[PDB]
**Student:** 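Below you will find the structure I want to go over with you.
Shown for chain A, in order and in the PDB entry numbering: 604-633, 640-759, 779-895. Read the numbers this way: they start at 1 and go in the same order the structure lists the ligands and their atoms. Side chains included, hydrogens not; waters and symmetry mates left out as well; all remaining heavy atoms used.
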Amino acid sequence: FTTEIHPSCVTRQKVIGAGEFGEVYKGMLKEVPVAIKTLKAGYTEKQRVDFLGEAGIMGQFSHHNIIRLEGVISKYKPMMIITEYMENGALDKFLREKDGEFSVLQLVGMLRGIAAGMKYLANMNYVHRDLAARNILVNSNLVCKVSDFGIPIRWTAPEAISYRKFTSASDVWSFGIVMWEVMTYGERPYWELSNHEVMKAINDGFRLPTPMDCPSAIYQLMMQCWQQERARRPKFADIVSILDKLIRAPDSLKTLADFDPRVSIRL
Ligand SMILES: CNc1ncc2cc(-c3cc(NC(=O)NCCC(C)(C)C)c(F)cc3C)c(C)nc2n1
């Protein structure tokens, strides 16, 4: 079952995005701010199954680091999925607009939240397939929650690219990329390299270099997420455990990995 909301309780205020066959609005629910995704007239059977299926999954999950469902409008048209509203929006854009404004402890806290959400999804037998900072939302407490706005080569594990093997372990690879995104304040993974250049580089053993001002322990962890051999990657359980220990003994984060400068200025 999913909480059914009457349309009279919902007010759409502004368009903030696009759905698969409909739009996404900021609005109010009788009052609390909400995000609202619509499915407009003409939708196919597949679209309806996918839309209500997504809502169903969201309504069963209950975790601090997973987007919360307020409810669904299924009995009237257009159909709607209504979620909590995350005031700071998508993590990738947020970090790029707030470059350098957070402490290392705050950044690592973000990652621990994301990891906790992913551990929950993985153990509930849900494989994300598109984990990236663009699909993480941020609220006014700086809490990060896993979402999905709809192959993204540079986030995807080799086995998922090569033979379509998507698992919690391919999500761990992606999480490594997300760690690099957070610690660089939203740098594009692999910079201007083309998709084929990225795939070639990874196959030949290249990995993203240390971010600036990055704790050694954090760089070590993201490198383990990028083991070629799936079985050698940490589980989300391991990641949550390590990040929790680092945060609870925060002097552990004061030791930095060496940053490899591209340009050296001699004065
Ligand atoms: C800008 N703030 C904000 N806050 C909250 C927002 C919530 C949504 C949202 C997102 C989804 N879907 C969605 O989050 N799917 C993944 C769910 C899972 C992690 C449990 C597997 C949805 F079905 C409906 C809506 C309204 C979207 C598309 N945008 C949002 N934007």
**Student:** Trying to sort this out: of AT-9010, BI 224436, FK-866, LY3009120, AZD6738, which one is at ligand 1?
**Tutor:** LY3009120
**Student:** Which chain contacts LY3009120 the most here, in the terms used by the PDB entry?
**Tutor:** Ephrin type-A receptor 2
**Student:** Which chain positions lie within 4.0 Å of LY3009120 by heavy-atom distance?
**Tutor:** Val627, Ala644, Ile645, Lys646, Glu663, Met667, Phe670, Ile675, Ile676, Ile690, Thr692, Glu693, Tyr694, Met695, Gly698, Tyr735, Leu746, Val755, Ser756, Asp757, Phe758
**Student:** Heavy-atom contacts with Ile675 under 4.0 Å: which atoms of LY3009120 show up? List them by number with element.
**Tutor:** 20 (C)
**Student:** Heavy atoms only: which UniProt active-site residue of chain A is nearest to LY3009120, and how far, rounded to 1 Å?
**Tutor:** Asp739, 9 Å
**Student:** Do any UniProt ATP-binding residues in chain A place a non-hydrogen atom less than 4.0 Å from LY3009120, and if so, which?
**Tutor:** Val627, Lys646
**Student:** Which of the atoms of LY3009120 are close to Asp757, meaning less than 4.0 Å from one of its heavy atoms?
**Tutor:** 12 (N), 13 (C), 14 (O), 15 (N), 16 (C)
**Student:** Counting each atom of LY3009120 from 1 as listed, which ones have a heavy atom of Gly698 under 4.0 Å away?
**Tutor:** 1 (C)
**Student:** Identify the protein heavy atom lying closest to atom 7 (C) of LY3009120, giving its residue, its atom name and the separation to 0.1 Å.
**Tutor:** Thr692 OG1, 3.1 Å
**Student:** With atoms numbered from 1 as shown, which atoms in LY3009120 lie under 4.0 angstrom from a non-hydrogen atom of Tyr735?
**Tutor:** 21 (C)
**Student:** Students should be able to answer this: which protein heavy-atom is nearest to atom 5 (C) of LY3009120, and at what distance?
**Tutor:** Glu693 O, 3.3 Å
**Student:** May I ask you to identify the nearest protein heavy atom to atom 27 (C) of LY3009120, giving residue, atom name and distance to one decimal place in Å?
**Tutor:** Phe758 CE2, 3.4 Å
**Student:** Among all protein heavy atoms in this structure, tell me which lies nearest to atom 6 (C) of LY3009120, with the distance rounded to 0.1 Å.
**Tutor:** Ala644 CB, 3.3 Å
**Student:** Looking only at protein heavy atoms, which one is nearest to atom 15 (N) of LY3009120, and what is the separation?
**Tutor:** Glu663 OE2, 2.9 Å
**Student:** Which of the atoms in LY3009120, numbered in the order shown and given with their element, are less than 4.0 Å from a heavy-atom of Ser756?
**Tutor:** 10 (C), 13 (C), 14 (O), 16 (C)
**Student:** Just jot down the LY3009120 atoms closer than 4.0 angstrom to any heavy atom of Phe670, in number order.
**Tutor:** 20 (C)
**Student:** Starting from atom 19 (C) of LY3009120, which protein heavy atom do you reach first, and at what distance in Å?
**Tutor:** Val755 O, 3.5 Å
**Student:** Which atoms of LY3009120 are found less than 4.0 Å from any heavy atom of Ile676?
**Tutor:** 14 (O)
**Student:** Help me out - which UniProt domain of chain A has the most residues in contact with LY3009120?
**Tutor:** Protein kinase
**Student:** In terms of residue, atom name and distance, what is the protein heavy atom nearest to atom 2 (N) of LY3009120?
**Tutor:** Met695 O, 3.0 Å
**Student:** Can you tell me which residue and heavy atom of the protein come closest to atom 18 (C) of LY3009120, and the distance to 0.1 Å?
**Tutor:** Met667 CG, 4.4 Å
